[PDB]
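Structure containing bortezomib (bound form).
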Amino acid sequence: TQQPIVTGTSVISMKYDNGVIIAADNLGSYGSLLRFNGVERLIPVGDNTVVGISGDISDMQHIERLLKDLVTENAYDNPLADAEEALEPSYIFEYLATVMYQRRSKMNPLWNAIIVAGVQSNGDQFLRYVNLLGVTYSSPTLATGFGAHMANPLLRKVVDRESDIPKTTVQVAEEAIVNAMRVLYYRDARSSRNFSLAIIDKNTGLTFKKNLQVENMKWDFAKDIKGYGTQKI
Amino acid sequence: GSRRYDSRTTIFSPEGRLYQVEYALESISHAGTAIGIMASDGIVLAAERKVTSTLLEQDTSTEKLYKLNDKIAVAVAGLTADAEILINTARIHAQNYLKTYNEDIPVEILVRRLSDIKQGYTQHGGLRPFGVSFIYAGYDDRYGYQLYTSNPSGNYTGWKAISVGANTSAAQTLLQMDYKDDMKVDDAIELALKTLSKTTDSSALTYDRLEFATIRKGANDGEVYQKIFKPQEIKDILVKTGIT
Amino acid sequence: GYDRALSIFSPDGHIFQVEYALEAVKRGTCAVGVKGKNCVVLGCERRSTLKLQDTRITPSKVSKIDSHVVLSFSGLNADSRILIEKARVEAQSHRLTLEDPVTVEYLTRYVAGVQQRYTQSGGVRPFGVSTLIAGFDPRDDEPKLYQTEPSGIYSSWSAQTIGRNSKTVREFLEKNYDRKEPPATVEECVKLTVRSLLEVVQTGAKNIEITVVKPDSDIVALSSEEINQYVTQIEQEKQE
Amino acid sequence: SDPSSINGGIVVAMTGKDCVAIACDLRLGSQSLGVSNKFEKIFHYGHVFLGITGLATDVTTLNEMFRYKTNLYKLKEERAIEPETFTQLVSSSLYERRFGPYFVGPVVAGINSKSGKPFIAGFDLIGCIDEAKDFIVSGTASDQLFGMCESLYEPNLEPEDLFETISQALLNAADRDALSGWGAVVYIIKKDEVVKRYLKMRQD
Amino acid sequence: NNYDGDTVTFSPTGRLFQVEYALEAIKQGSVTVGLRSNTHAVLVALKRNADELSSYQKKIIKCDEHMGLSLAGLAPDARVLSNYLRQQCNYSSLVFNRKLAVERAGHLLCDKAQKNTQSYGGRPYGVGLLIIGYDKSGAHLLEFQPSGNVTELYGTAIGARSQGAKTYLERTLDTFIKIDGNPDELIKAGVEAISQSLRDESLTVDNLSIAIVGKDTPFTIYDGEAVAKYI
Amino acid sequence: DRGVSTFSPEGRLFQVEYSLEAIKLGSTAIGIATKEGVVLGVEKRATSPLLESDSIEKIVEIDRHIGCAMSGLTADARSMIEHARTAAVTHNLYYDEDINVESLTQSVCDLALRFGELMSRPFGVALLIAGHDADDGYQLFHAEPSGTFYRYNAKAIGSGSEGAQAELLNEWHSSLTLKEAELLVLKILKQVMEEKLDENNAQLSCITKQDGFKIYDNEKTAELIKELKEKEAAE
Amino acid sequence: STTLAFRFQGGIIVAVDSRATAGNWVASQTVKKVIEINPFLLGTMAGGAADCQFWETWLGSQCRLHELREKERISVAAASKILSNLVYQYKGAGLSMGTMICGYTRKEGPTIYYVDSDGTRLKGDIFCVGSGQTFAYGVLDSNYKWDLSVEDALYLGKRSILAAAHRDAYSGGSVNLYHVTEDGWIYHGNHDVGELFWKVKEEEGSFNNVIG
Amino acid sequence: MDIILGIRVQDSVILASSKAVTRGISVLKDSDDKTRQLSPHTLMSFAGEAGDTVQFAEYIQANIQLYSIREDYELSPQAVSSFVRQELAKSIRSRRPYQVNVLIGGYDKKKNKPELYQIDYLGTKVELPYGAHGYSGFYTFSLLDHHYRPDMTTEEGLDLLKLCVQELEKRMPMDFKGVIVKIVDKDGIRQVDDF
Amino acid sequence: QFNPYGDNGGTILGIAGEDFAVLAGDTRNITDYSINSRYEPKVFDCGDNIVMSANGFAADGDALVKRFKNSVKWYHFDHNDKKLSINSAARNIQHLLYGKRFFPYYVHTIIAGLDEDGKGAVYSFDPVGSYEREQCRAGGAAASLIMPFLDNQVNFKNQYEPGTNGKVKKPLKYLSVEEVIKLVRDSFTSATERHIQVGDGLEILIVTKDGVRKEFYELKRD
Ligand SMILES: *[B]([O])([O])[C]([C][C]([C])[C])[N]C(=O)[C]([C]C1=[C][C]=[C][C]=[C]1)[N]C(=O)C1=[C]N=[C][C]=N1
Ligand SMILES: [Mg+2]
């Protein structure tokens, strides 16, 4: 049993017709102090998987080292390491899910919420969640922390069920993700303007975008707001 | 591997004997003779130190007779270092019993415990046995004065008079000849010294080549006193009995 | 820990360490067991090479395991103490958990099991001891007599002997013991037991020990004079 | 609840001219209930005397433990243990149970057989040695005993005078404590004679 | 000679005799054949009986839905090693949601057998194994030796008189590798291969044991009247 | 000396092969499986007439649906029986059902090779394990100290085994009745035994689906012996 | 839970209710609170459902092993003590059990042992265990005799559970009856309280407080 | 359990122990014997937490019976009491201590004297002319302080014990369902069947 | 302080027919007042014609199902591909649950299938392993809403025959698979209305001698 010290906020994601999109901001908070402003919380594994992590950053760095080691270990005595016997998103997730549930069972959890986004060998979209309790679930849209409360509602308007996935393009999906990130910056007190976004497509592969910013913000209406009720000046 | 160098200390011969026990007994047969004689009013322990020197500090020396508690003592025959390992274990066992039951340990129970330890080294562990034979002289309120002996096999037996170490065959014959049941301590003292004087490999039996002890109820009223004899006191009892 | 396999098979399918343990039993003083109609008697040889012995305090050959069961033996004396101690502990443990004293068969099966375990365990040699276990089951008047040996096999006997010159006394018992009509009384059973030992013992003085066990925890050891009277009567009938 | 005041009791020791004195009450109780009036708290191993206050099971256990250890000492050393040496043995033995201690308040008293010098010492429940010249106190009425000793005591008292001083220190301290009393014993100790005196006191 | 008392001792020519003696136990064992195409992999095993009243000792063991082996030598040692494979296949599935690769299964068997050849007290395994399987890179056939040596092959045979079947497969190499999408013909080739190792005795209904795994075919064992079709 | 787990140049474990020689010295045990049940019979072989023969226990119950006969160093069999009984009862606890005869046999055989430098040597006893289950019906297994077990329609172990096995070769057929099997075991035991066969030096037992495992009374066996004598004198 | 057992002329009567609850929620009305350990031993179940079920079916495995090893039926004393010694090992860990071990052997006759998760093991003639034990005790103690017929004893047990089923909120459902004799136990049916209450009320003239 | 009493007279020790066993709400039994014979001339009564009491008593019983068989000799009451005390003194610093208080009544055949030892669960031993555990002593010690003598007969001891039980039945809130009385003397242990 | 347990909501229902058995469960997965997934399968085919569901804390639920599926696999390996009967599966699950008696799987487990006589079977477990064969059982969040309805409409409790007035009970006539599916659908529709953790979708697994069939139905998504 511990308490989280340096923490990362929401990770958001969704499926679209040819793949999956995932995003997360670049902040490492120390309570109410916005301590570290250059923290990468999306960690790619090969060219077919991106693991997004929220919660305790020291535990995130530990998980990052486990995944790095997993790639090394998979290559050992494996002539098809970059082909048929490469790491799949499903393999990477199940490993993490095993570790998370084992650690909670020893009463010493990795204080994180994790989303594994990727594309399988047969082109199928992979998107699944796991957290400090070892709880797992899948959905056309997935989000952690504040994202669950604010992002999911917006992303579910695009893809409400399974049959909406083939009808959703990469442009429409990315647009929805970027808008959700703006909304989280308006409303989450532990978020930052700077974020990273990753697309995993079955045709065009892994596209990792760094140093993105929330833009097209509405603040002008603030000038008209005066007092808390009766005040006019 | 390591099997190559294992002597296998705990095996039977084709005849059903324990090799190492038999060879340990052969070792003990070259040790200085120790005699125990039980009387109606006490017990005598006499023992011969092995070929000493004039430069040996006798008054502070102890190789034969050891105190286990206030009521029980032992005479040693064999490897002195091996004996001290067992003696310290026996001293502890007596104290454990005293702490548990708040009574002094009965002689036989102490003897059985030490004998069981010796037995273990002949059945398991792959270690050599202790090359030691003990004569136990003790008193308790159940059986009174008691003499026992134990050997490397872990077998123990009770005695009226007994010898261990060198020339036991000759010594046991002499004791069997002159011993009587109604004998007293002073008479037993004389018998013990006379027996050693005849069985000794030395030219003459002197005070500097002996260790002597008595367990007497010759203590003021109903209680038992252990007396480890001093060099001068061994010299006096040798003159009294008419050996020197 | 010392793990060396001392008891192992040989090309002809024998375990020599177990067989050499039987040779130690052959060397041991003779012990005999005879069961009558309402009793069991355990006879034991005392070698008279050891005089100046204190018979009060010297370890007796027959040992009580519980108030209703006894154990005698032939072989290594030091080894027998270990089996006796284990048996005494198991007897009290059985009373504690089952709320009933051990049957004679159960106690035998335990002692036999311990002996067997020492024939296929690393770093240990077999016990150089064979035992005769006798007594009466709780609330039962049928006599019980069992034998064990170093290998760990055990079985029930109408009458049996173990130790040195046991071949001779077994010869005697096989012709003198009738199954259809066993020794009806204590006297007849003790007499047959002393007779069987007199084939081997030498002098009938302090060389024979007798212990009579009857139902309902009635165990007593006969004295020198009581046994001497049997010795006297046997030879006076023999002079004819 | 507090282990050191379930059973109750007290011990006091004093030095005099070529002599020492050690005394204790005889009560054993279960809180308010008085159980025994024959529970002596002073023991001796050879010429070294040990008083022990506190939890009674530990008083008994430690006595048995120090009898055990002083008997082995004597067999190996071929001499009786001295007060100075025994004091160190008590301290060592208590500190080995640092984080699971015996709930006791030991007091050592005796005369060194070689130098003839009078010796007293006290301990806390985990081994700290208080080696006072004048007096040592222990138990549930230790505050009371401190007050009595500090006023009544003077140095170089003769054995028969020292008896009166220590006896009055114990008796009047015990009478101001609910968990002490029910009889008392006083040991007067000289180099080669020891007198034991049972005191007449109020039985409430 | 003087250097065969235990597995921890090299001979003067650098040989390990205890390992070689373990290899000898395989040669005494009954013949078993393995072969594969691109779609399927087949095991054929000649089972051995004690006498006419006895049953015929089973030769083939299933390790997973996609993997299994046939044995030749000490059967209890095959049970230990097959149990280890079952566990390793199972660890891969539970932890990584991943079917164990046949090549990696061979590597694990090699390393397990090796530890028994370098340490004092233990002994080498006294059995040879033929592992077949279908994984993400298609059909596979492996040959395990208790020296530790594992080898991937198109076809092979181990046991007594296994040289006859091994030569036949060496001739038929170009034919049977092409038998794709036809399980019965691939088994026929395996039954014809094991027939080259027979003397005096012939393939009966309770003598023959066949196993197959493939693209849309779980590892299944055929015994009894199920193999009468191929006799 | 040499390792306990050493291979011979022929590829056999020395100790296992030596334990098989000890089993050849043991008393005879025979088992015959039929569609009406499995029969188990043993030679008691008392070393002396004073030995009470009914205390010789060479046929043993493992569960209600599984019995067992032994041959060789019979003391070694006690821990094997204990394990078998525990395995049978434990499986019933875990699965609320009877355990398969083959699975029980496999569990016993797993102990066999657990020896080295675990126990110090292999078992010096062979077992005939007979039973019934719903899947494979009436079965008879031969469990060796090598860890190997064969199923048998009929099997003999012990000192008179190869002579008895040759006799079982001719006599066994798939339509044998239980009564026919009982007499057949008695016939073959009488053939290979040193002493003359009677109800006191030989013991019969069977396992049926209805009644389970039963050791036969000396009175019941005595009748079957008398029935055997008459039918042999009939031609 | 209401479970009882009592010794009498015709052996032992065992009677139990059928209800299982989680708080105020009635989880089951069809629970088997009697365990058939063997044809001669019965165990009752009160407290934690799992603890009782698990360890009493486990007890049956230990009893079967005893009679395989000793070629003899296990005594009620020995069987009860195996269970009490086991739960004593777990003392403090939080097991929750109140059980009667009931049987009949030659050496003992009809015997009942109360076994408890605190380690308590008591031999006795009458026992009632569970939340509704006090209600069952009232009927038993006023009507119990040694000289009862198997028919009358069975009814007294049935009636005593009914009394507790009525008043105790955590008891009810149905009544399972067993009768233990020299030749083993004999099941005497499941009796729904919803039909038994009205039947007993009418025939017996009892429960005049309730309207029917 | 509840009330256990002991009194040592001229030539015997008398132990009295309540018969009730109470599982919270109900009295499950009214004939419970809260004692075990450790040896022919030594009896131990006990009271404390459920389960622990019997488990401890039977464990001590087994150990003393084992000693008796091994040595063919009966331990003195003093020796048995010291063994019991050590077990409880060991127990109090265990993971889960034995919550058991005991009285040990024995007749020493060597000294020809009765002996009564009171030991609590901490391992606190005292030899006494009369003793009690729990709330029993609060009522009974005043009576015993007044009436007791060292030279009393066994019959006088039983009468003084009846006066103790009568006081307990008058002033104690719990119904302990009477007591089982047992006498320990030179002839062994016997139960007074009418009390 | 760290809390190793959580509540993922959901509700499950098992009904045993005369020659069939159904095990149903909603597909919604939640924490607190949020929806994790509208379609997360909760009822699983475990092989050997056995279906299983472990409702409550999903991590423990997935762990248990995973370990039981594993037990089926090893049962085949160890006992010559023998079919694991529903009664044997039930006892095995008791030991899996009781094995963690002092750190329990926080789930309500139900299995369904056919017994060895071909008749429909449902078994029900508590978190620490106590179990019982039943004709009818609901488990999880809305169990308290559904069970009373099933007492009434499956076992005809408190129902009597017209004209007799409480004297003659309604006879316990057997229900077809079409009739059972109607009762399951109505049970979940009703539970969805009044329980916030129930909704999104209903997945039913039907077990017969022919095998395991699946049926899916939409539920309200609010
Ligand atoms: B009985 O009331 O003790 C009863 C018998 C049990 C063996 C089935 N117990 C329960 O119903 C307990 C609750 C309880 C009620 C009253 C007293 C003590 C305990 N119920 C359970 O253990 C249980 C188990 N699984 C589900 C629901 N309830
Ligand atoms: Mg809803």
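Throughout, a chain's letter reflects where its sequence line sits, starting with A, and its residues are numbered from 1. When reading the values below, keep in mind they use all heavy atoms of this one structure, side chains included, and skip hydrogens, waters and symmetry mates. Portion of entry displayed, and contacts counted within that portion, nowhere else. All ligand and atom numbering here is 1-based and tracks the order in the structure.
Counting repeats, the structure shows bortezomib (bound form) at ligand 1. Per the PDB entry, the macromolecule in most contact with bortezomib (bound form) is Proteasome subunit beta type-5. The other chains with any non-hydrogen atom less than 4.0 Å from bortezomib (bound form) are G, I. Residues touching bortezomib (bound form) within 4.0 Å, heavy atoms only: G/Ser1, G/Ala20, G/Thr21, G/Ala27, G/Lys33, G/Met45, G/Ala46, G/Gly47, G/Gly48, G/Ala49, I/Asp126.
Taking atom 24 (C) of bortezomib (bound form) as the reference point, the nearest protein heavy-atom neighbour is G/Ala49 CB, 3.6 Å. In the deposited entry, the molecule designated chain I bears the name Proteasome subunit beta type-6. The single protein non-hydrogen atom nearest to atom 20 (N) of bortezomib (bound form) is G/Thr21 O, 3.1 Å, given as residue, atom name and distance. In the deposited model, a covalent bond links bortezomib (bound form) to G/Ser1 OG. The shortest N/O to N/O separation between G/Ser1 and bortezomib (bound form) falls below 3.5 Å. Using a 4.0 Å cut-off to heavy atoms of G/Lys33, the atoms of bortezomib (bound form) that qualify are 1 (B), 4 (C), 5 (C).
Near G/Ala46, the atoms of bortezomib (bound form) lying under 4.0 angstrom from a non-hydrogen atom of the residue are 3 (O). On a distance-only criterion, G/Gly47 and bortezomib (bound form) share at least one N/O pair closer than 3.5 Å. Listed by number with element, the atoms of bortezomib (bound form) under 4.0 angstrom from any heavy atom of G/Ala20 are 11 (O). Proximity by heavy atom, under 4.0 Å to bortezomib (bound form), holds for these of the UniProt bortezomib-binding residues in chain G: G/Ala49. Among all non-hydrogen protein atoms, the one lying nearest atom 26 (C) of bortezomib (bound form) is I/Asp126 CB, 4.1 Å. Counting only heavy atoms of the protein, atom 16 (C) of bortezomib (bound form) lies nearest to G/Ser131 OG, 4.2 Å.
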